[PDB]
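Here the structure comes first, spelled out in structure tokens, and everything after it is commentary.
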Amino acid sequence: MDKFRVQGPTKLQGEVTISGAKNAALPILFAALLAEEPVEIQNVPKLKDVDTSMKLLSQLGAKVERXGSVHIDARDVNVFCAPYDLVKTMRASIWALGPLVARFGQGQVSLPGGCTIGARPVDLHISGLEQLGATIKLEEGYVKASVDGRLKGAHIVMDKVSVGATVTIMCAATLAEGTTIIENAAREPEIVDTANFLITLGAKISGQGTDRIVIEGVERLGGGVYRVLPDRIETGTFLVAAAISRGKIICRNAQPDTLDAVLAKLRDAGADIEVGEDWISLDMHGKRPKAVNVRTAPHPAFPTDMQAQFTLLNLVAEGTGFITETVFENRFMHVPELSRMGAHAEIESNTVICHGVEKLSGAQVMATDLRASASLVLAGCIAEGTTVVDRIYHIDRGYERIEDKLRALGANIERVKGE
Ligand SMILES: CC(=O)N[C@H]1[C@@H](OP(=O)(O)OP(=O)(O)OC[C@H]2O[C@@H](n3ccc(=O)[nH]c3=O)[C@H](O)[C@@H]2O)O[C@H](CO)[C@@H](O)[C@@H]1O
Ligand SMILES: *[C@H](C)[C@H](O)P(=O)(O)O
């Protein structure tokens, strides 16, 4: 099992080109199960979850290939049970269910996996599909859905905001008979990107990006060419990397408007930020960041996917700052690991109270999920001495070539294999 050995401290500065969003590429790949003409998806990041999704789609009978772009021809899909091994390793696999039921009248998918940061039920996906007319039963761990004929449009008032369930309902509604209105819909940029991809195929959707999405079902979806938007979490991760190391960075192929909350908190931390049509620059002017208070919540509020990274920022910042996590109930595993590197923090229920220190010390650490693992690698870059982050395959799920990108910013990092 691979690890990253990092030698610190190193000031991270330079430039990085942001890859396509992990969390837009994934729902779009599964939405392609609805397409009855070939599709070309551009700017797809080379990530472990994308590899898993391509294999999963192939096992359903879709013809899939890639490089920068992924090409999919789902016209001959003929298997409606997703394979357990591919389903259980990530969260995105749940998105195979809705398209299979909407287009073929049936689908079976085991409960998903992915980030171990909460119980992560899928009750809202099930409830939404049931409201669209699907009959669903859970048996031996598989969610089995079916419908005789087409799904039927419905006015669905989500009783909890959910990125994934909004996607499931929106995608399935594109082939339903009639109009579907999703209330309390998640507004994330990836939902807007998935909607625009579906519209490219011929779907009729409006309201994406707002709390109310209206879908008018059509008989079938066609094909198209679509470019995935930039990864806002990767962008935020590199901006934090520059901030905590008192450096400067320019992120290219970025989309500033997907990061209003994050950029505002970085400015509160003392960063000098400028933005262009497709880039973001951050300069600390050699200064240590100032601690900030943060509360995660659904988009456009501060994203839970940037929470571990900002915990790190506060732990090396000037002063005390808190990080309140309201979206997931078990997303503080990075804290005890950063404490072993010399950080000072206390956890009070859903909030981490951070007291910034001047410098961290290298240590052997390990994170059990994607963003926590990336945060430990960033800590290693600025810590004094050697840090070894174990189980880094978690990072591969959401970052394309983080090693090369950090190295280009000045990091001393090596991927060590086999012990
Ligand atoms: C593959 C992907 O896109 N992953 C992202 C997606 O995950 P994901 O789609 O799983 O996020 P959700 O928004 O659905 O989850 C938010 C909250 O709702 C709860 N919930 C969710 C679904 C459901 O059926 N029932 C339920 O109770 C969750 O367990 C959590 O407490 O959005 C999260 C929140 O921005 C991100 O952190 C993930 O990186
Ligand atoms: C970590 C939360 C990842 O983004 P997911 O794919 O498991 O959601």
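In this chain, numbering begins with 1 at the start of the sequence shown. Determined by X-ray crystallography, 1.7 Å, according to the entry header. Ligands are counted one by one from 1 in listed order, and the atoms in each one are counted from 1 as well. For the numbers below, each heavy atom of this structure counts, side chains included, while hydrogens, waters and symmetry mates do not.
- The drug or drug candidate found at ligand 2 is fosfomycin (bound form).
- By contact count, the main macromolecule holding fosfomycin (bound form) here is known in UniProt as UDP-N-acetylglucosamine 1-carboxyvinyltransferase.
- Against a heavy-atom cut-off of under 4.0 Å, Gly114 is close to the following atoms of fosfomycin (bound form): 7 (O).
- According to the PDB entry, the source organism of chain A is Escherichia coli.
- From the protein, the heavy atom lying nearest to atom 3 (C) of fosfomycin (bound form) is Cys115 SG, 2.8 Å.
- In the vicinity of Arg91, heavy-atom distances shorter than 4.0 Å reach the fosfomycin (bound form) atoms 5 (P), 6 (O), 7 (O), 8 (O).
- Shortest contact from atom 6 (O) of fosfomycin (bound form) to any protein heavy atom: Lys22 NZ, 2.8 Å.
- Residue contacts with fosfomycin (bound form), taken as heavy atom pairs separated by less than 4.0 Å, involve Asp49 solely via side-chain atoms from C-beta onward.
- Among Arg397, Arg371, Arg331, the residue whose heavy atom lies closest to atom 5 (P) of fosfomycin (bound form) is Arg397.
- Closest to atom 8 (O) of fosfomycin (bound form), if we only count protein heavy atoms, is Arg120 NH2, 2.8 Å.
- For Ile117, no nitrogen or oxygen atom sits less than 3.5 Å from a nitrogen or oxygen atom of fosfomycin (bound form), counting backbone and side chain alike.
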